[PDB]
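Quick look at a structure containing dantrolene.
Note that chain A is numbered according to the PDB entry, with residues 848-958, 961-1054 shown in order. Indexing begins at 1, ligand by ligand and atom by atom, following the structure's order. Side chains are part of it too, since the values below use all heavy atoms of this structure and drop only hydrogens, waters and symmetry mates.
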Amino acid sequence: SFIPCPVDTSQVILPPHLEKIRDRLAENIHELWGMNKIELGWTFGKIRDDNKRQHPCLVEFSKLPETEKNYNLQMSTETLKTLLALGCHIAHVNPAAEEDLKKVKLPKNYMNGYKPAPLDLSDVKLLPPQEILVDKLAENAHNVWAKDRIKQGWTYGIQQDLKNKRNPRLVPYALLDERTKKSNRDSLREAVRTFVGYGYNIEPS
Ligand SMILES: Nc1ncnc2c1ncn2[C@@H]1O[C@H](COP(=O)(O)OP(=O)(O)O)[C@@H](O)[C@H]1O
Ligand SMILES: O=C1CN(/N=C/c2ccc(-c3ccc([N+](=O)[O-])cc3)o2)C(=O)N1
């Protein structure tokens, strides 16, 4: 059996000036999911058929249900709140941001009206201490996801099931396939690069 216990963010709070960056981080994380699903062969619909490859939650940020969108906004908060728990703080330095950025231009077949478009964050490099940081944050994000699922009643099986709460990935990070392990680490790379793209520096407090 496996129990997830991430780092403690219970005593920390997020200053009001950090909520502005929280809304933009959660936006760009959604466009990456739509693109990686179009690359995986999912079409559109208003009812959910796994064999037909049609799913309703492939539209813009504005029309998703309020029940589902809260999970994304809270996990954008815990990521910024966990950085304060490591003895570091983020401070805005560079004013030449928000006009120096652009979104990706994809071909016409990625389009129902909606077409995903993440930001172009490719010429943004990190220092070693910042890259060792993304290694620690990725394993914590798995533990935060793991702790919510145990409380919601989902256990481990061999086959995922929409009628019987069950998912095969209910394992420690050490018993995790590198194909999944990587995708958790790549999500934090876009998270840290999203902060630098708007002008935030990560230093000790
Ligand atoms: N790794 C992720 N990062 C951000 N948002 C995610 C992620 N995985 C799923 N979501 C969001 O969760 C919502 C519902 O997910 P859903 O389409 O039911 O996913 P799945 O079928 O893969 O479980 C979608 O709006 C999607 O954008
Ligand atoms: O099967 C699975 C799925 N999964 N990842 C769980 C996802 C679902 C959405 C989020 C999420 C993360 C970060 C932000 N953010 O920062 O904005 C917003 C939302 O975590 C996993 O680890 N094994």
Query raised in the report: Which ligands or chains belong to dantrolene?
Result: ligand 2
Requested in this report: Supply the name from UniProt of whichever chain has more contacts with dantrolene than any other.
Outcome: Ryanodine receptor 3
Query raised in the report: Around dantrolene, which residues have heavy atoms within 4.0 Å?
Result: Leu872, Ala873, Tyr918, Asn919, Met922, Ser923, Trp994, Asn1016, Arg1018, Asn1033
Query raised in the report: Which organism is chain A attributed to in the entry?
Result: Homo sapiens
